[PDB]
Engineer: 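The structure's right below; bear with me while I get my questions together.
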Amino acid sequence: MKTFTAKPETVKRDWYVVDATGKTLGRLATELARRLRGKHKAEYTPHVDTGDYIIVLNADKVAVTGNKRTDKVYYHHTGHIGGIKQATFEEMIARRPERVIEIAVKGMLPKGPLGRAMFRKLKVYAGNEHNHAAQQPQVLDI
Amino acid sequence: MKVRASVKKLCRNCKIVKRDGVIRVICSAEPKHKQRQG
Amino acid sequence: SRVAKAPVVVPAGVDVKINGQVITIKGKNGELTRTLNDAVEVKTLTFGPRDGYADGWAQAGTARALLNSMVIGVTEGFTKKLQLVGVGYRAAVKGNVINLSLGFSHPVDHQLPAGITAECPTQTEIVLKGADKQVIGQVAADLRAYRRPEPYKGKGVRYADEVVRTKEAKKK
Amino acid sequence: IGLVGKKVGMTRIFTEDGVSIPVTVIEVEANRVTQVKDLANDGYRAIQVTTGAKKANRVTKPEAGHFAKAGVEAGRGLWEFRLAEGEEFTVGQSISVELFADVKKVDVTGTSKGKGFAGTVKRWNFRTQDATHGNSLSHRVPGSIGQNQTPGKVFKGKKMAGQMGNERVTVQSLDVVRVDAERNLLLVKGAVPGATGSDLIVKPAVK
RNA sequence: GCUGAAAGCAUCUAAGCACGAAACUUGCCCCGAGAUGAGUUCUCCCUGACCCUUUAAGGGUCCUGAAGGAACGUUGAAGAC
RNA sequence: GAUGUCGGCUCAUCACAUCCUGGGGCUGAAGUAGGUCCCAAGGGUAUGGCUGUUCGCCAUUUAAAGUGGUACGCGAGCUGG
RNA sequence: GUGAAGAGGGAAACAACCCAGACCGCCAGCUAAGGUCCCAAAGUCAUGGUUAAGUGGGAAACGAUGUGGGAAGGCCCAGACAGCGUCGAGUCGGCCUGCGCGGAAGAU
Ligand SMILES: CN(C)[C@@H]1C(O)=C(C(N)=O)C(=O)[C@@]2(O)C(O)=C3C(=O)c4c(cc5ccc(CN6CC(F)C6)cc5c4O)C[C@H]3C[C@@H]12
Ligand SMILES: CN(C)[C@@H]1C(O)=C(C(N)=O)C(=O)[C@@]2(O)C(O)=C3C(=O)c4c(cc5ccc(CN6CC(F)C6)cc5c4O)C[C@H]3C[C@@H]12
Ligand SMILES: C=C[C@]1(C)C[C@@H](OC(=O)CSCCN(CC)CC)[C@]2(C)[C@H](C)CC[C@]3(CCC(=O)[C@H]32)[C@@H](C)[C@@H]1O
Ligand SMILES: [K+]
Ligand SMILES: [K+]
Ligand SMILES: [K+]
Ligand SMILES: [K+]
Ligand SMILES: [K+]
Ligand SMILES: [K+]
Ligand SMILES: [K+]
Ligand SMILES: [K+]
Ligand SMILES: [K+]
Ligand SMILES: [K+]
Ligand SMILES: [Mg+2]
Ligand SMILES: [Mg+2]
Ligand SMILES: [Mg+2]
Ligand SMILES: [Mg+2]
Ligand SMILES: [Mg+2]
Ligand SMILES: [Mg+2]
Ligand SMILES: [Mg+2]
Ligand SMILES: [Mg+2]
Ligand SMILES: [Mg+2]
Ligand SMILES: [Mg+2]
Ligand SMILES: [Mg+2]
Ligand SMILES: [Mg+2]
Ligand SMILES: [Mg+2]
Ligand SMILES: [Mg+2]
Ligand SMILES: [Mg+2]
Ligand SMILES: [Mg+2]
Ligand SMILES: [Mg+2]
Ligand SMILES: [Mg+2]
Ligand SMILES: [Mg+2]
Ligand SMILES: [Mg+2]
Ligand SMILES: [Mg+2]
Ligand SMILES: [Mg+2]
Ligand SMILES: [Mg+2]
Ligand SMILES: [Mg+2]
Ligand SMILES: [Mg+2]
Ligand SMILES: [Mg+2]
Ligand SMILES: [Mg+2]
Ligand SMILES: [Mg+2]
Ligand SMILES: [Mg+2]
Ligand SMILES: [Mg+2]
Ligand SMILES: [Zn+2]
């Protein structure tokens, strides 16, 4: 027989809710990336999104070690000459705290259309409330 | 402030102090003896 | 080490709360609160490294010294004296606002924090008072900063005990 | 808040001490509040206003229902002004130019006159090259637009020919010369953006 | 700089606290939801039958044609089109 | 089996080893005005005489008339000394 | 020795370095160099240490109470060491060695 392949039509994706409070950024992000990709399922298929939907609460309370809170720098370029911009981790937390988790996870997901599709299943919130009661997310301790 | 690679006690009133990862010489007697490694 | 080892005598009329990692001493001259580094156990008060803390003796010695000051603070309390040197340099206290004339085109109008109190014995002296040794230190530094004592004549705001070193100009 | 008016034109005011003040005359008819936005419903605090009049046949049913909810006659457009904390308004309230009675300076926003496709000389104040001394077909042309292989491209934001004017412009900190509630007029010192007859937004000066 | 141990002292620093520049983040002006993460608010409009099969976000017929749009015309201190 | 060359003109863009403006330590810093070092790249940063000149000298300005990288930036953009 | 005239795996990419020599087919298995948190296959493996510099992941003379280990020493309850006779336990400064720190400015 040919090896099994997951089918995008029939894949079951569960909903989970994770609390980022006090969790180390990168060690949370690897577990998120793993589960968004579906690497935790026996039906894992490289060309199919078999992963789960994950709500992350309290993104503003994510932890980092060392002097990273002040010294970790996020760079981006605007596309305009001289348009190199930067923000420290602490500035990112103050202004756009959900982006810290989102940026970390995006860099750990595959690049290309499927990786972008996998990222859409991550729902990051700054505080302790989400609006997805209807999806009945299960608590997941990462 | 003298900014040098070699910072040293220049008299008995000079003290070596490390502040924020920088070796400095502070002197109670002589302001000319104030140094920062750099 | 030696600082940390020595416990602090807490007098009668002075009351010490300990709740989690918080000290909040009562008493006549005032009231004061702090939270210490998590390497310190405050057992008089007695201070010591907690286990799993390499800085614990360093942290205990500072804790000791701060609480010694806090228990001084709410008894005899702290006083700081400043002197104005220079023609036309006056000071005057008015509520919680010291008014310094210091040879500027504008009057300086420095406001004391919540519980520091000033008196001008003469116009050329300020006498600060409070329970917090850090805050009275900071207020005194801020007042000195308006016109720090200058090296040719010694003019400006000085600490009354300060010995301002003087020099003469370039020889012609 | 500010008000919406119309650029009537420019004139002057002679003072008794022999100063001629150039003025823009702005007709500021009653601005009628058509909607109040609040934090609960809209996520921000603002008034929407209309002014002037539109012919019934040019008022669409969606537009007409919006005006009818407010209980105001249709005006020529809708504009929003953000509210500060103490500012409160009610739907249907008319706001007149007397708003500016004690305002010393205003910012005036309009659509600048349209120059169409403009060259670099006009649009960006580029210098012309030689009219003579051998110049071949290159009198008002832009010159070089980049370097060489490094970087081997033109940078974004390069100043080049293109549409000029016909855009939103604010002129800040114009003196209010006269507020005439009777005639619905605001006189401001100096020029403001746009052609005679164009819409102007007038706000108390932010600076 | 303050307070302050490690290091009985000293020490702006290790814990803790305060100042500090046209640089930085804002504040000012303009663009801006293709922000595909395509958001929000207000208002308006459409309230008919039936047949068929590969029963399905299925296909067609008759009746109906709204709000609004476009087109055309007269045009504009809008504009190469 | 061709990667157009000095200088000018037009238009730039980056670095910072900073010319001006901003902050600061030391001074053989009285003041005024300097010297030197540290921080700082936001913006600003001559016109002429002579010469193909770049440069330089000179005249007269300026807060200042920065130093470099960009095929010693830029001839499918101009010039052609 | 390899490339030339040599594919495969590793060294991000990278003839000439490391592993290794492709007769063809397989949706079997074991290994090499190199690896095992996610991109990305495999240890968020075990035990004992070191480092706080993101050192690791560019680094020289030289500078420094950074911090771990070691071998001697001088002085010390006949009271040292510091600060003010007081004072009441260690203190002092060289050597060797592990890992770090400064020295460290460039152009889309
Ligand atoms: C080619 N390869 C062996 C290495 C490589 O793959 C890289 C890379 N980034 O992938 C390199 O950077 C490399 O090509 C390279 O450029 C190196 C060096 O430049 C280099 C290296 C180590 C050195 C050690 C000491 C000295 C001291 N110098 C010698 C004398 F002149 C004073 C210089 C070094 C040096 O220049 C690493 C290699 C690695 C290369
Ligand atoms: C990390 N990365 C930036 C480079 C890299 O990827 C490699 C690699 N092989 O893939 C390296 O080898 C690298 O990590 C490395 O180790 C380097 C060096 O060791 C290196 C390099 C250049 C040097 C130039 C001069 C000198 C000597 N002078 C006197 C001393 F004070 C400095 C040493 C060098 C050196 O050690 C290249 C980098 C490249 C790195
Ligand atoms: C003909 C070649 C030219 C147009 C000019 C050339 O300049 C010379 O070769 C100077 S010597 C020849 C002068 N002349 C004939 C007597 C012909 C231009 C010169 C400046 C270089 C020195 C050699 C390389 C070059 C390309 C880039 C460049 O700078 C050119 C060639 C590939 C180019 O095609
Ligand atoms: K939208
Ligand atoms: K340049
Ligand atoms: K100076
Ligand atoms: K600058
Ligand atoms: K060339
Ligand atoms: K040329
Ligand atoms: K070309
Ligand atoms: K041409
Ligand atoms: K061979
Ligand atoms: K690093
Ligand atoms: Mg890939
Ligand atoms: Mg500092
Ligand atoms: Mg026009
Ligand atoms: Mg000209
Ligand atoms: Mg010709
Ligand atoms: Mg011509
Ligand atoms: Mg490219
Ligand atoms: Mg002390
Ligand atoms: Mg300015
Ligand atoms: Mg060819
Ligand atoms: Mg610099
Ligand atoms: Mg910048
Ligand atoms: Mg700014
Ligand atoms: Mg000249
Ligand atoms: Mg060139
Ligand atoms: Mg150049
Ligand atoms: Mg030509
Ligand atoms: Mg060219
Ligand atoms: Mg010629
Ligand atoms: Mg050959
Ligand atoms: Mg090979
Ligand atoms: Mg290979
Ligand atoms: Mg390499
Ligand atoms: Mg490398
Ligand atoms: Mg490869
Ligand atoms: Mg195996
Ligand atoms: Mg894996
Ligand atoms: Mg482990
Ligand atoms: Mg490194
Ligand atoms: Mg080093
Ligand atoms: Zn000295």
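Protein chains get the first letters and strands the later ones, always in sequence-line order, with residue 1 at the start of each. Each ligand, and each atom within it, is numbered from 1 in the order the structure gives. The structure has been trimmed to a portion of the entry, and contacts are counted only among what remains.
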Engineer: Help me out: which chain holds the greatest share of contacts with ligand 3, per the PDB entry?
Structural biologist: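 It has the most contacts with 23S rRNA.
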Engineer: Got a name for the drug at ligand 3?
Structural biologist: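 Found there: tiamulin.
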Engineer: Which other chains line tiamulin with heavy atoms at under 4.0 Å?
Structural biologist: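 Going by non-hydrogen atoms, F.
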Engineer: I'd like to know the organism the PDB gives for RNA chain F, please.
Structural biologist: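 According to the deposit, it's Escherichia coli BW25113.
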Engineer: Can you walk me through which residues contact tiamulin using 4.0 Å for heavy atoms?
Structural biologist: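 Going by non-hydrogen atoms, it's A2(F), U3(F), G4(F), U5(F).
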